[PDB]
Trainee: 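Have a look at this one before I ask anything.
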Amino acid sequence: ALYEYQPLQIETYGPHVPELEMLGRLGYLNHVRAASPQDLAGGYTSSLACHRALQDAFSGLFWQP
Amino acid sequence: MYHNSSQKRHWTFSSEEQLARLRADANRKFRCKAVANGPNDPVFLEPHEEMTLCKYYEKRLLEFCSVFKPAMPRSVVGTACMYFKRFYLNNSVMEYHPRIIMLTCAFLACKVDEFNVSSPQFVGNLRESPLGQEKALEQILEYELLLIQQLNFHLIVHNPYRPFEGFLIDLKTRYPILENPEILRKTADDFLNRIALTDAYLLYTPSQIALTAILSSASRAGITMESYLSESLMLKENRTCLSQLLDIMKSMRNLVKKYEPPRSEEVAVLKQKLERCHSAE
Amino acid sequence: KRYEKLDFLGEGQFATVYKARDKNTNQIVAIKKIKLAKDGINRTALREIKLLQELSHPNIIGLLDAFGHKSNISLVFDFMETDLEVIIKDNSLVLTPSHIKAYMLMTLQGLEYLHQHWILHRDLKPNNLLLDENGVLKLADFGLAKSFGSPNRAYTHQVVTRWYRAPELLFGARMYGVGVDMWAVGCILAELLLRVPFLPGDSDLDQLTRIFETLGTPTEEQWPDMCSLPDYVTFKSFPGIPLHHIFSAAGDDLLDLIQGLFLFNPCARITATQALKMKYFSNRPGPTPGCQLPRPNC
Ligand SMILES: *[C@@H](CC(=O)Nc1ccc(C(=O)N[C@@]2(C)CCC[C@@H](Nc3ncc(Cl)c(-c4c[nH]c5ccccc45)n3)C2)nc1)CN(C)C
C-alpha cells in the first residue's frame, strides 16, 4: 500500500543539466549576477536564474521534427 | 519548457518545403473565397509576393517594436514576430491586412508576455492622428480573438534568447579554451536577427538557433569549438548526434545566406496590389 | 457554440462558471465565462490559456477548449465533482491520516510538476484544489499563475487569498520562489488537520499577527534577510505554540512535514520534491487510494 518516491522523468532532448545545488561547486554561479538580499529574503536565488538559463540552453538541442 | 511545449509539438516543422505547402494552400484557400465573393483575375498576389509582403511587414513589426515607448522586452518582440510568422502560415495577407495583424500581434504579445501597457499607451505609438490611433484600436480589438484562434491558443513562444544566455553561462564555466565567450555576443546577436528574418524559427529549436548563432560567431571570429560540442556536450561519446547537430547548424547557415530582403520597388507595387484586394473583398 | 449550459456552479472575481455538456462528447465541463471594456480580451483568461496549454499532469486541471466572440472568451475544463474546501468544511466527513496523506500527496505531485516547468500557482487554497469523482486532486484557477526564475522581472504581492499567504508576500517581496506555494500547502495541511482556517486574519497585518502568534516571530537566525523586504515592520516576540500542541493528533513524521512547510526562510522551506521524499509519505499507513477518498453526498 505504501507510496514510494520516484522522480519525474522528463526527456529534455539535450545535454545533462547540472543539479541546482551542484551549480555553486561546478562554478556556474560565477557567471550570473548575485541575487540581492530582498530577492534572497523572498526565496529568489541566482541559482534559479542560472538553472533555468542552462535548462533553456540544453532543452531540445538534439531534437529534430 | 521547450521540450514538451506546444511550440515543439505543433509549431516546429520538418523543412521549408512543408512551410511552402502551408502558405500555398493559405493563398489557394483564399482564392476560392474571393472567387465565390466576386474569376481568376490579376488582382491576387502569388505566394512569393505574399512572402515579400510578410517580409516587408515583419520589418515594420520590428520598427513598431523598436520605437515603442515605454520600452519593450525582446521576449515580447520575438513573441510578436513569431505570432506574425505563425499567423501567415495558414492565412493570406489579402484577407487580413498585415498592417493590422502586425499590431494585433504586438498587442496580444504585450499581454501574453505580461508586459504592462494599456490601450491608450499602446496606440499612442502609432504615427497617425488620434482619429487614426483610435481607429486602429477598433481593428486591433476586432482581430485579437482571431489572432488567438489561428495560433490554436498556443501563446507561449520559446525564443532563442534564453537559450543564448544559457550557452553563454556554460561556455564561461566549462570551455575555458574560449577565454572570453562574451565577445561572441554582438555577432551572435546580429546572426540571431538574421536567422529571425528567415523561416528558421519554424524549423529549428530555440537552442539549436542559439547554438548556431554562437558558433557562426566563433567561426567568423576565427575560433574552433569542436571540443565544446564533442567533449562538453558529450558527443565525443554519442557520434550520430554530433553529425546531426552539425547538419542542423549548417542547414541554418544556408538560410541566412539564401535569404534576400524585400526589394522596395517590388514592395511598392505589391502594396498597390494588396490595397486593391482590401478596397474590395 | 456546441455546449448547453446545465447549471451555474459559482462566481470567481473574473468569471462565472457553469456545468455544460459538449454535444460531441460525454465530457461534462466547467465553462468559465469571463465577465467584462476597451482593453481587449481579459488578461486573466489569457493567463490561464497561456500557462495551461503547456502543462500536462494528472494533478493539474486540463484545459479542454477555449472559444468566444469579440473581447469575450470562455475557457473549458473537465467538471470536477468537488473541491477540498467543501471536504474540509463538511462536518460529517472524517479525515483519517491516510486521507490527509492522499490529498497532500496529490497536491505535492501536481506542484512538483508545476515548479519543474518554472511556474508558481500563486493562489493555492482549498477551493482551488478540485477533486474529481475518481478522487484525483488537480490544482485549478491558473488565473494568477506566473513563471519565475527571471531575475530582471518584478512580481506583485496580493497573490494568495490572505489566509494562505506566505510571510514574505505579507512583507511584500517583489521576487520570490516556490516557497509561496509551499506555505500555502502548509496552510492547507493545517486546515485538513484542524478543519478550520489555520490563520484567519482580516488585514495583512492581522495575518502577520496570527502567523507570528502561532509559529513564533522569526528571528534573523531563521530568516537572515527578512529585514530587507520593503514592508518589514518588527513585531513582538510572540512565543509560538509548539506544533504538537497545535496538532496534538499528529505523529513526528507529519510534524516534520508540517514544520518544513512553515519554515520562515523561503529558501529553507521544503520544496515539493524535498517534501515528497520525507518519511511521512513512505511511512505507514499508505495514502488512501483515490477511489476510497470520502465523497460528500451533499
Ligand atoms: C446533494 C446536494 C449538493 O450539495 N450537491 C452539490 C453541491 C456542490 C456541487 C458542485 O458543483 N460543486 C463545485 C461547484 C465545487 C467547486 C468545483 C466545481 N467543479 C468545477 N470543475 C471545474 C472548474 Cl474549472 C471549476 C471551477 C473553477 N473555479 C470555480 C469557481 C467557482 C465555481 C466553480 C469553479 N469547478 C464543483 N455539486 C453538487 C448532492 N448529491 C447527493 C450528490
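For reference, chains are lettered A, B, ... following the sequence lines as listed. Chain A is numbered as in the PDB entry; shown residues: 244-308, in order. Throughout, chain B uses the PDB entry numbering, with the displayed residues spanning 1-38, 42-284 in order. We number chain C the way the PDB entry does; in order, the residues shown are 10-45, 51-312. What's counted below: heavy atoms across the whole structure, side chains too, no hydrogens, waters or symmetry copies. We read in the header that electron microscopy, 2.4 Å was used to get this structure. For ligands, and for the atoms within them, numbers begin at 1 and follow the listed sequence.
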Trainee: Report, using the naming of the PDB entry, the chain with the greatest number of heavy-atom pairs under 4.5 Å to ligand 1.
Mentor: Cyclin-dependent kinase 7
Trainee: State which drug is present at ligand 1.
Mentor: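 The drug is SY-1365 (bound form).
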Trainee: Taking 4.0 Å as the heavy-atom contact limit, which other chains touch SY-1365 (bound form, ligand 1)?
Mentor: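 Those reaching under 4.0 Å with a heavy atom: C.
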Trainee: Per UniProt domain annotation, where in chain C do most residues contacting SY-1365 (bound form, ligand 1) sit?
Mentor: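 The majority map to UniProt domain Protein kinase.
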Trainee: Quick test: of every protein heavy atom, which one is nearest to atom 17 (C) of SY-1365 (bound form, ligand 1), and how far off is it to 0.1 Å?
Mentor: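 Of the protein heavy atoms, C:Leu144 CD2, 3.4 Å lies nearest.
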Trainee: For atom 9 (C) of SY-1365 (bound form, ligand 1), grab the closest protein heavy atom and report residue, atom and distance to one decimal in Å.
Mentor: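 Minimum-distance protein heavy atom for atom 9 (C) of SY-1365 (bound form, ligand 1) reads C:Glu95 O, 4.3 Å.
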Trainee: Using heavy-atom distances only, which candidate in C:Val26, C:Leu78, C:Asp146 approaches atom 26 (C) of SY-1365 (bound form, ligand 1) most closely?
Mentor: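 Minimum heavy-atom distance to atom 26 (C) of SY-1365 (bound form, ligand 1) goes to C:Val26.
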Trainee: Which UniProt ATP-binding positions in chain C have any non-hydrogen atom closer than 4.0 Å to SY-1365 (bound form, ligand 1)?
Mentor: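 Heavy atoms under 4.0 Å from SY-1365 (bound form, ligand 1), UniProt residues: C:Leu18, C:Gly19, C:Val26.
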Trainee: Provide the covalent bond partner for SY-1365 (bound form, ligand 1): one residue and one atom, or none.
Mentor: C:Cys312 SG
Trainee: Per the PDB, what organism is listed as the origin of chain C?
Mentor: Homo sapiens
Trainee: For atom 22 (C) of SY-1365 (bound form, ligand 1), find the nearest protein heavy atom and state the residue, atom name and distance (0.1 Å precision).
Mentor: C:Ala39 CB, 3.2 Å
Trainee: Can you tell which of C:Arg309, C:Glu147, C:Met94 gets a heavy atom nearest to atom 21 (N) of SY-1365 (bound form, ligand 1)?
Mentor: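 The residue whose heavy atom sits nearest atom 21 (N) of SY-1365 (bound form, ligand 1) is C:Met94.
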Trainee: I'm curious which UniProt active-site residue of chain C ends up closest to SY-1365 (bound form, ligand 1) - could you give me that plus the heavy-atom distance, rounded to 1 Å?
Mentor: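 Closest UniProt active-site residue, heavy-atom distance to 1 Å: C:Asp137, 9 Å.
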Trainee: Give me the nearest non-hydrogen protein atom to atom 39 (C) of SY-1365 (bound form, ligand 1) as residue plus atom name, then the distance to 0.1 Å.
Mentor: C:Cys312 SG, 2.9 Å
Trainee: State the binding site of SY-1365 (bound form, ligand 1) (non-hydrogen atoms, cut-off 4.0 Å).
Mentor: C:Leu18, C:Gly19, C:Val26, C:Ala39, C:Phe91, C:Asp92, C:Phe93, C:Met94, C:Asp97, C:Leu144, C:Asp155, C:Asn311, C:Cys312
